[PDB]
Asker: 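Here is a complex structure; among its components: MLN7243 (bound form).
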Amino acid sequence: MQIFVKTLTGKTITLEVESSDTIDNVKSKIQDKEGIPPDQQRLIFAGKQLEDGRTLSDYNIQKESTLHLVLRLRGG
Amino acid sequence: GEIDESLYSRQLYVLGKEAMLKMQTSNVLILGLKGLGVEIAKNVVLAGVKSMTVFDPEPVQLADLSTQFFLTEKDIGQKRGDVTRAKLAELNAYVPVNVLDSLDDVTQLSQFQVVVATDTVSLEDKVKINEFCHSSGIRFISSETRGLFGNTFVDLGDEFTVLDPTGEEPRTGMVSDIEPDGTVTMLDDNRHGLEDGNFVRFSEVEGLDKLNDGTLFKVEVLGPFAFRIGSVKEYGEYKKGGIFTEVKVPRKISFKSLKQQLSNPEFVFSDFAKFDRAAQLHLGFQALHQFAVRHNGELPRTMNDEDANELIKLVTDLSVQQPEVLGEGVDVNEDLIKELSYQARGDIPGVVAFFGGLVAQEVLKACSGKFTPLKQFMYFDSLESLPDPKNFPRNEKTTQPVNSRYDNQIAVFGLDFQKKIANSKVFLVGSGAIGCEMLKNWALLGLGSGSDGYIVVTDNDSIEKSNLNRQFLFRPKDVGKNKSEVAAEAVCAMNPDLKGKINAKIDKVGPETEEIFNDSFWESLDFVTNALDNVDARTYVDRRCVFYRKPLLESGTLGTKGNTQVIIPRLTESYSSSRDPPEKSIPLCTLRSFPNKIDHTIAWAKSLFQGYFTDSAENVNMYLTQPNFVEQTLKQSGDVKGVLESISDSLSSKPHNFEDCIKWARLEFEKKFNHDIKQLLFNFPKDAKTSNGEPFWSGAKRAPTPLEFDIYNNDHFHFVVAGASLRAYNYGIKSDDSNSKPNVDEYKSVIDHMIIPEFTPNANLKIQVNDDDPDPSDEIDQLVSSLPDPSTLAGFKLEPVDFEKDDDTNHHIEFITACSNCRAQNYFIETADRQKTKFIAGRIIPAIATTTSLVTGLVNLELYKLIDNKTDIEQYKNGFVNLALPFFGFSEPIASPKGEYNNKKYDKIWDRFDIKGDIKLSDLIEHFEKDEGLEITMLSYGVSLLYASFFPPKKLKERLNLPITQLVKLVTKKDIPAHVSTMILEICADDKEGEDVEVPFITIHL
Ligand SMILES: *NS(=O)(=O)OC[C@H]1C[C@@H](Nc2ccnc3cc(-c4cccc(SC(F)(F)F)c4)nn23)[C@H](O)[C@@H]1O
Ligand SMILES: [Cl-]
Ligand SMILES: [Cl-]
């Protein structure tokens, strides 16, 4: 299936995945596309931050779901 | 066409000159000056629009003070508009603020480009005003807050052009091939970073010449390293070279009217976990108005059941009339609507701040076409903020007005909870942008105004002019004073309940101030809130919060982007548990020899600046005042030869007047932009080839060309002026009654009489090509014998330059800009202006008040959760925003990782072993085996090993009988300072089966 990853700068990434896939996996597909190491990636979906152990099923991620890749900022 | 950079500097890096120029031709009208209206207005006036006009002829009442920080009790009975006007005016001298007396004549709306309708304006009147606006090209925005709920609606008309959807730097990149079908391959491993449907232009593409003419090409992304632009065989055939630059094209969009949208709304979601709620609230908000029509302007009574059921029924009727909002077979969420009724009169600071920031930014979008507007409705709630009714019962008695400014907060949370807020003890780290907003919010909460409460705020910085653009507590007359102190005073004028309750300190947090910010200070607090501008500080506060077990409310911004995080004792990860992307380093060879971007020439120039005017001076002063210096340098410097040449040159040259400084700077121009370039070219001529026979100067290596000084060139001229002026300052030489602007003809007569020595190559010099390949005593002895004896120069001092990005008269950015651009000319890189150079060299963070208030609002809604000591992680919200998009999303915090040793479960972040007193080593080891089932294997204080189970008997007899303080003295040869009240010890240990197991750390309480 396809899912979408929207970044905090408005970029849209498309991914080919399976709900059996791990978050670890998804992070590495994101690494392939954007060059961002997995340990720097914050993915959120439907009120939860996705964690390394789990699967796409564990967060209930359907086809054409959008996940958000977000950041923390240093200004203040 | 003129923008005050000294005021607007940081906002300008967010919005841009064009957007701000349109903003300054836009007249804005705000209807309603309760909290929401005044928050929106504050932000828009700070941002700088041609004029702000406010309308609100209703008398001030005590309850209006819940969120309207510019009303005082003395204002009661007078009109909101009139009383607020002057205080908004003081925020920005460039923006007049007027009061519209009467809006009986809707025709008056024609004077304005953007009209905003807040919570004070009826729905019936909103639809009328919107129809007037929409049909005559006036941009319309509305917003309403009701308790912990809120919305906003945007209608920019039938024709609106978005000029830039995101505000991001255009992508850019180097190209290595373009095939006939249009497939564009990036150079090496560089990522183009484009998205399908982006547009790009090209330059330097050899063999396709009309492809460089400015034509745009639509992008088809193939992978991370290639995109396609459509056939190019009609333009020629690619040879080499090429740089693509992304272009944002304009986009025309249409809005519907408020009326059309009431029954077919287009939603943007505030939180995707809550999406099924937007339609329901959309019904509910309309119902509050129907309700008011039937009850003579009045909203539902606070916590009242009869009225809530009336609202539930009004909503039910509405879903029949607007079948399209819920859709087919979706029931009215009755509990939601009941809460909306219950809270309809609530005026909550955090929610007002959230909408005030958001809606202010939509106003700026509407004036400018910068950023993507909200299209068209957004609804929001923060219901998770409600305390557990077990601890704080909510009902008609507890929530009733008490005749105080807090009555409409009480309306939601109840009196006892509001009193608990007043008795909180809080530390605020920072009094800048977040800091000022935070203290305003706290003033409105009455936080710390109870006899058991207080606020401490610390910040060592003083108020600079650009601060005034987003630190709304400061005035032009406060410039130079201390932020924390002025801020504290300002918020007491806003709410006198805090008079005497804010301790404003001028200390920086960190390891050096732990005597001030000590055990007793920290243990006394309920929680800590950050308001900081860098990561190391946030990390330090996070560590202390872990150690003292205090919650921490974290936030941050960068332009339109922002985030919130909560760190809760014994529940979540801490700030330092996770990593953020680090700043990418430029390779050394790229800076030194092969720059291809202005970022590179700026870094180079900044460093030359340091060396010329700061480092070389500091060195000379050390050498003249430290009789061991030369000996000290030899053993300990990495670069010895450099330090000694910099002293030698600083003392032989020794100018006597300004004319000599001109000469030094001209010769520096020749060395840096002529000779060094000819040298690099001696080692690698234009046509030179690599090992495989490919051209050396390709891709990132751009073949330079030496400069012939030309005083009519701005960069050449300013290099000399700024370089001479700074040299002069180093040597204490008066600049030319320097109030005088520098004169071209004057400098030219000096430069024209100079003999500029010719370049001679050096065949010894080898230049480092890649960073991997390594490269660079009797000249040193020679260089020492050349140095003047220090008693030759008695009382001679050089004055080092302390870099200051924000003084336009001091020559610093003048120099770096000119020095950068001269090297840019060398390498055919586009030169940059002072603003851009200042942004890069000065590491300036883009910043605006809208994002700052919104994010602060979000923090103050998590704050409510701490007051209730919530232990259910599912209740807390880390937030992420970009107002440019606009985007809001939230996530439940991550749990602290847990461990186990033996049968004991522990928190890997938060748990420790607390030991009372200066315990003896043997007693400690024994306590752990007897009480914890742990055989200590290794025990350490910082860097130093105090005990290890492999220690043989002689060594153990030395240590086992020592208290920990003495054990440290034995090992580190160093005392424990008097003031130190705790010591952290790390341990490794084996469990009851003799296996190594990860365990908590130990705190020794002395
Ligand atoms: N975003 S803003 O408008 O620029 O305002 C930000 C505030 C925060 C201030 N900085 C500040 C205030 C109080 N204490 C500290 C400590 C530090 C700091 C900075 C760098 C390194 C270190 S040492 C370490 F990491 F703690 F070990 C400490 N910054 N503090 C500004 O003054 C501004 O007003
Ligand atoms: Cl109303
Ligand atoms: Cl921009």
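Per chain, numbering begins at 1; letters A, B, ... match sequence-line order. Note that ligands are numbered from 1 as they come in the structure, with each ligand's atoms numbered from 1 the same way.
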Asker: Which components of the model belong to MLN7243 (bound form)?
Answerer: ligand 1
Asker: Could you tell me which macromolecule makes the most contacts with MLN7243 (bound form, ligand 1) here? Its name in UniProt would be great.
Answerer: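 With more contacts than any other chain, that's Ubiquitin-activating enzyme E1 1.
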Asker: By chain letter, what other chains have any heavy atom closer than 4.0 Å to MLN7243 (bound form, ligand 1)?
Answerer: A, B
Asker: Just wondering, what label does the entry put on chain A?
Answerer: Ubiquitin-40S ribosomal protein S31
Asker: Mind telling me the covalent anchor of MLN7243 (bound form, ligand 1), residue and atom, or none?
Answerer: A:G76 C
Asker: Which residues flagged by UniProt as binding ATP in chain B come closer than 4.0 Å to MLN7243 (bound form, ligand 1) by heavy-atom distance?
Answerer: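 By heavy atom, within 4.0 Å of MLN7243 (bound form, ligand 1), the UniProt hits are B:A433, B:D459, B:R470, B:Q471, B:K483, B:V509, B:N534.
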Asker: Please list every residue in chain B that UniProt marks as binding Mg(2+) and that has a heavy atom under 4.0 Å from MLN7243 (bound form, ligand 1).
Answerer: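 UniProt annotation plus heavy-atom distance gives B:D461, B:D533.
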Asker: What residues, by chain and number, sit within 4.0 Å of MLN7243 (bound form, ligand 1) when only non-hydrogen atoms are counted?
Answerer: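 Residues with a heavy atom in range: A:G76, B:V429, B:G430, B:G432, B:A433, B:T458, B:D459, B:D461, B:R470, B:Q471, B:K483, B:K508, B:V509, B:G510, B:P511, B:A531, B:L532, B:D533, B:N534, B:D536, B:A537, B:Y540.
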